[PDB]
Amino acid sequence: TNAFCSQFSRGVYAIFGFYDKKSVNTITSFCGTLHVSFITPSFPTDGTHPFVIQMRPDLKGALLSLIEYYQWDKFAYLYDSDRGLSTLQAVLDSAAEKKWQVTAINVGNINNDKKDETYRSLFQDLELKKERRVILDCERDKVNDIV
Amino acid sequence: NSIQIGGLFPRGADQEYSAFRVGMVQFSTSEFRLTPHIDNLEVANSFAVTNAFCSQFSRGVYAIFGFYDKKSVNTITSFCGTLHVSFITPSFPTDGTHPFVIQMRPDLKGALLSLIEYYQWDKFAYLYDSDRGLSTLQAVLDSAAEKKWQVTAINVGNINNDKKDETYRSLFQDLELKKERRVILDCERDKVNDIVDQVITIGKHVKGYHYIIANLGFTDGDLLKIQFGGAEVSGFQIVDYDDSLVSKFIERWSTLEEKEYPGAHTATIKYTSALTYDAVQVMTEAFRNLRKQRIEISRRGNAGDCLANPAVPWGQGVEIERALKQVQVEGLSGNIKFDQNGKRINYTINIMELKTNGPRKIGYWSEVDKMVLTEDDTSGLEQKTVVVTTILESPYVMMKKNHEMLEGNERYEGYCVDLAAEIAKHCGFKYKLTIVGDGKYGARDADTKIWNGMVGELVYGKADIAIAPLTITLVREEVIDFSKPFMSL
Amino acid sequence: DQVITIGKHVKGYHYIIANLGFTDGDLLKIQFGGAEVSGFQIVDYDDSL
Ligand SMILES: O=c1[nH]c2cc(C(F)(F)F)c(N3CCOCC3)cc2n(CP(=O)(O)O)c1=O
């Protein structure tokens, strides 16, 4: 908020920047009220929003297309709350219509000292159905930490 | 003295602002007067929430009471954590450890996970609305992996107003295909009413269906419509209408006028309004415990704007937070006690259940023990257990080889044990195999005229049927009733 | 209204309405659910007059 209003004082004609899950609502409301265009490489907002120009295209379509290609019916879906929950809602709604057996697990509330401790308890519970198909839904730092 | 506070209410918080002003009356003690402000706004609009916060911060407030949605929840906790202005809410409990936000909707995650374990579910649906995070969906999906559940969560949040009818109807047709008899409705009062209107219209409130309503508002929507039919709808409730403070309240709640206090002439309070009434109790006692320690606060009246850069804190703000979180008052929702974060600790959720006479408490959940199953421990009105009498005779009844480690109707085997199992599934009853006492078949004594054996237990009431090698004779036919012979010899 | 409330408009039930007024009462309420309600009508709404 305080950075957005300092831009509005100096009178800019476009605001380029990133947002998070905890700041997507702050931006799209401030940009939708004070009518200021916002170009972002962050995740596309889930919902018709004016005045916000998303540069990251979409992944909900291509991820559901790739699952059907490999003809999966019983995978596991490790996800991360930051960058939103839209892709989780996509694969859960397509699981009902296509008889999947998703085993969605939040892996984003992990602190960096019980890191190894929880991850061993994580893949323990994946051997409770013996899951051989995982969809890492994280971004680069946490993907390398799981790999 | 007088404490200035603030107010953030949605356009449509009629009963919540009514129950606010009722607690303004009843919790004044006139040494201090918590004079409030009013800033009716859109909660799902981060501009208006920011604007109204800074205005109140400008106008010298010590605690802001408001509601947030999941489009302003991170706007609230950031501003209230940077500028230390404490925030009291009855809205949904945040996912995390956000300080300086005192939250009164306690938790329904552990109560909902306990109730599914109680009914022994393995396949259910989880119709949810976005509406307040996804923290309850994420709790049941994490527990699905380890507790062998098969959640089938669909996303009833984005259904448009015009095409509501064809969308709900096509939804339960999909649940019909994979035969989802068990459904969990994680919506609020408005959308729970819209869903239960649709399960009636297509006829899925009949016997066989179960419906847990994941809401601390069970007796706050229309349940009369689904009370008959055969559905076994359960739920949760914090406002118990059978206790002292609530029964006093419903008396003075019903006497009010629906012209100055809207939605206040009934005998059912919404849980958001009750926790709003419980909030002014906490805000009173916290500044009363700030009167009791002889503490005065915040000589400011000055602070011109929230966006200060450098954002300057105010050191009394920590102390007001300290006061608000050690408030162990009791109110409409039970034992109001907060932890170090602002999340309600020890509290009680009444697991209600809807039956033909009405809603009916069948347990209570607390954080400390578990879901404690209350009374209705005895009242079931069973069919009957039928006392069937036989005698130890081969192959009619023989004790099984390992009869020491067995108990019930499976200690025994033989012809009459297999016969009693066949009589039970044609006549439809449940039986108790009972070897006779004396060890006779039955004979009337020549002197005392007392029947012994298996005839004597049917004449004298100690038995209900004798599935046994009992010979059809003349003197037994006069006192008991035989069937046609199952064995001629 | 009462067969809806106790849940007897589901599949398996039939309901002939002995009335020359079939499309003159609320039938939308019982149109979904599985009941096979028939009836009679003299006013045909597909003809000239
Ligand atoms: O109702 C009766 N049913 C009986 C059934 C049996 C059996 F065969 F075991 F089923 C026997 N036995 C026959 C051989 O000696 C051992 C037990 C006696 C029975 N008696 C006594 P009884 O008829 O006066 O002899 C009854 O009164």
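Residue numbers begin at 1 in each chain, while the letters A, B, ... track the order of the sequences. In listed order, ligands and their atoms are each counted from 1. Contacts here are counted within a displayed part of the entry, not across the full deposit.
The name recorded for the drug at ligand 1 is ZK200775. The largest share of close contacts with ZK200775 comes from the chain named in the PDB entry as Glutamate receptor 2, Voltage-dependent calcium channel gamma-5 subunit chimera. In contact with ZK200775 at heavy-atom distances under 4.0 Å, by letter: B. For ZK200775, the residues with heavy atoms nearer than 4.0 Å are B:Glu393, B:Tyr396, B:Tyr441, B:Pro469, B:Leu470, B:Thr471, B:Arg476.
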